[PDB]
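Record below includes ICRF-187.
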Amino acid sequence: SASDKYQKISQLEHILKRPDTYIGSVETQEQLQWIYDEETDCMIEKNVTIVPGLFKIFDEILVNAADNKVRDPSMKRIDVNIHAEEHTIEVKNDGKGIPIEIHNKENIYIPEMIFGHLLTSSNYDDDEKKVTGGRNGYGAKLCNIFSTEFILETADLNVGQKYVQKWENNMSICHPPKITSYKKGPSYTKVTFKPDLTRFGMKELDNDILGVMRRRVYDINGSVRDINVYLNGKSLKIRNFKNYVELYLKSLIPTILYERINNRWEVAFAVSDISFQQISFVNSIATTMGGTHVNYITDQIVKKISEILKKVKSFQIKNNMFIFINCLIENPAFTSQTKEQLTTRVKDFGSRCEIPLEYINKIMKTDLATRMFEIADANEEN
Amino acid sequence: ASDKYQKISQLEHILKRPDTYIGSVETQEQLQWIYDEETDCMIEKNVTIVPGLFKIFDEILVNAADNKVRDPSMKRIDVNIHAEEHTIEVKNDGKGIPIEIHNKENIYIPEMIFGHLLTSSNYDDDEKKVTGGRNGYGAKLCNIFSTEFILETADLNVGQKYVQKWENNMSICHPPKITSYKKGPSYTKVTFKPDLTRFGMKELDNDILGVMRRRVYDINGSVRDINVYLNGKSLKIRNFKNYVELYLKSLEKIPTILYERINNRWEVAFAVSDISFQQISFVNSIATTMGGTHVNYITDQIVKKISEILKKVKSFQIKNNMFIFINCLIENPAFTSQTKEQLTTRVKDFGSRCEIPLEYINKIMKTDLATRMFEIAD
Ligand SMILES: Nc1ncnc2c1ncn2[C@@H]1O[C@H](COP(=O)(O)OP(=O)(O)NP(=O)(O)O)[C@@H](O)[C@H]1O
Ligand SMILES: Nc1ncnc2c1ncn2[C@@H]1O[C@H](COP(=O)(O)OP(=O)(O)NP(=O)(O)O)[C@@H](O)[C@H]1O
Ligand SMILES: C[C@@H](CN1CC(=O)NC(=O)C1)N1CC(=O)NC(=O)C1
Ligand SMILES: [Mg+2]
Ligand SMILES: [Mg+2]
């Protein structure tokens, strides 16, 4: 039947039917993932089985909180509470909350608009060059859509009110907001959600997902300047990106060479054991598939090393490198909503990052150089 | 606050933020293969092209190839590129689009599936399908990025012909012209004029024309039992081995290419790479230029065995001497994005397996790859 064969569906129906291009796979995946080990106080690489979409909806909320540091530089604190037994996750940030006002076009409260309707954002005017992670106006709604319960709480000092709004059943139930007088306290936003574990094929939050979620909170402390992050009330202790990269020290002439190149670029280098490795952040987004920023940095290092060597194949140099990058890119573009891979051309970054000769010279003091010299005179022998 | 926060439509968002739908609408400097007509072979060239423009064309091509999955009686695809008039025509035979009013939507079906987002015949995954179409965007994405978009189709069930024109990024939809058709065969024809200025272009230059043309050779290579015509010329690629062999001259510049059909859903070819790892792969006729799980599945098998042989050197040394070609069929595939450049489907969900025979890996151990690896080892 022609009418049965050709189907039209709503955008909301499509998201639930086909999560992949919105939040990534809802099937279990075997992955090698970095985990923060509390018994040894360091990052360890572990074979885990996780559902990427579940990890992603958490990440969407985390990155929104980090984005608030950009809009409000006075923001000091992010709290992440994971209540595994209760299947609830809370992310709270201080600094400016959400305006408690009726939108003069949409005729609803702004928090209801931007957490309860697709395609809503403060990031749609690209005349402003912004270094927020937020771009498309989907993130928070995707979390809501994949939650059985989703609660937004915010306090607005301009009106002196607190606003609490609950959605249920994959954003399909939207309860009216509870608005109360709020005097003589700080602004903040708190997002609480209970992921719809049925849609992720799970019955509980297991040790693998909790492990990667917790590490992602370390990432946030590592990548966002001048904030204090707490996990279930406990300080993560690290204060900057250098401290973050140092958590990898045990698993990795200094082992780690770190440099802030400018106010938008920090780079660290270590020698890799097996092959090319990268850990990179764009506006606090974890770019696990790398992209133009990673290639920009590594190409430079490879080119400069190669030139010193010729005075070997490029993949030979590259694959002895473990690179860490924390960068701020203007109005970035990615291959997908998950933002695993940056596609912004270098000329559109809004900044440059030239790696200085002094840094390259320091790399030439590491095992990387020894390994390349071996390849080199073997190539001469033949 | 009201000005700080905005709600936009799906259609506004696509034009505002094309990247997750069709890829970048900015120029990209790329190494790309093109078919050199004078030498009758593939040549690697530095080009500057806008991926989104290449992609809207690819959406229409793969749709035509999908019609061969749906109707195995289909025999030909015609592509006509009219560079001067920036017009592109893609015609296939076999079953057309049903000229019926939809039960629910109350409009003609072709209007529905070419002129409204989120419309598809691929939404029911109870059926295990080997089409490339998955999400119900591709054809609409082409329409949206066109100044003018024309669907022509004829169905023999009703004995009619249906012609409908959209304009101005799909915003103008003209009523269909439906006429009596007792004439020849069923067919569908899509004619569009890309909104070139939206891609920052004045005209279809030689770079984009070269990759568009190569992509048509790709289709002939990856899809069996069809004739493919480009601007009137029969391409006549016999099979996937013939397609791979188009790369022979540039690679040759112990056979140069080792080809094997593994089974009915998997074909692989191998050549030695001079600079780094290279792959050309297709999943259900989609060009998976960013690879993914199928490429990893094949290369891991090869690298793992060669590693054991050398052990009797790091895995990256082996992999970076490989040029792999893969043509495969995957059930209900999943990708990272609408552009379908990277497959994410797990091997266990493929619908088939591809165990590379040890004698094939033995043939690989006769090439320059082994000589190079043994010099690192010994
Ligand atoms: N913790 C927060 N504090 C302040 N504003 C927030 C917070 N979380 C979300 N927002 C606002 O809500 C809007 C919607 O969030 P979101 O759905 O994630 O879209 P986005 O961040 O703009 N883009 P994207 O994440 O790429 O889909 C954002 O644009 C912010 O303006
Ligand atoms: N040349 C064609 N012949 C027959 N049917 C077609 C043709 N092109 C498109 N269709 C039909 O039109 C629908 C819409 O096409 P399209 O927008 O490209 O979606 P899709 O191919 O199903 N999914 P996707 O391409 O992944 O976004 C398809 O599902 C097909 O049923
Ligand atoms: C790519 C688009 C959604 N996508 C669904 C799909 O399967 N194909 C499309 O073209 C549209 N995306 C949704 C989202 O979460 N964020 C965006 O920016 C647009
Ligand atoms: Mg966001
Ligand atoms: Mg399609």
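In what follows, every chain begins at residue 1, and chains take the letters A, B, ... in the order their sequences are listed. For this deposited structure, the header notes the method as X-ray crystallography, 1.9 Å. One-based numbering, in listed order, for ligands and for the atoms of each. Keep in mind that the numbers below use all heavy atoms, side chains included, and drop hydrogens, waters and symmetry copies.
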Ligand numbers or chain letters for ICRF-187:
ligand 3
Write down the macromolecule with more contacts to ICRF-187 than any other chain, named per the PDB entry.
DNA topoisomerase II
Other chains near ICRF-187 with a heavy-atom separation under 4.0 Å: which ones?
A, B
Which residues, given by chain and number, make up the 4.0 Å heavy-atom shell around ICRF-187?
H14(A), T21(A), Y22(A), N136(A), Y138(A), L142(A), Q337(A), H13(B), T20(B), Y21(B), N135(B), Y137(B), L141(B), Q338(B)
Heavy-atom contacts with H14(A) under 4.0 Å: which atoms of ICRF-187 show up? List them by number with element.
5 (C), 6 (C), 7 (O)
For ICRF-187, which atoms sit closer than 4.0 Å to a heavy atom of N135(B)?
7 (O)
Return the closest protein heavy atom for atom 8 (N) of ICRF-187 as residue, atom name and distance.
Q338(B) OE1, 2.7 Å
Which UniProt ATP-site residues in chain B are within 4.0 Å of ICRF-187 on a heavy-atom basis?
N135(B), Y137(B), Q338(B)
Protein residue, atom and distance nearest to atom 4 (N) of ICRF-187, heavy-atom basis:
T21(A) OG1, 3.9 Å
Give yes if a backbone or side-chain nitrogen or oxygen of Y137(B) is under 3.5 Å from a nitrogen or oxygen of ICRF-187, and no if not.
no
Short N or O distance, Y22(A) and ICRF-187, threshold 3.5 Å exclusive:
no
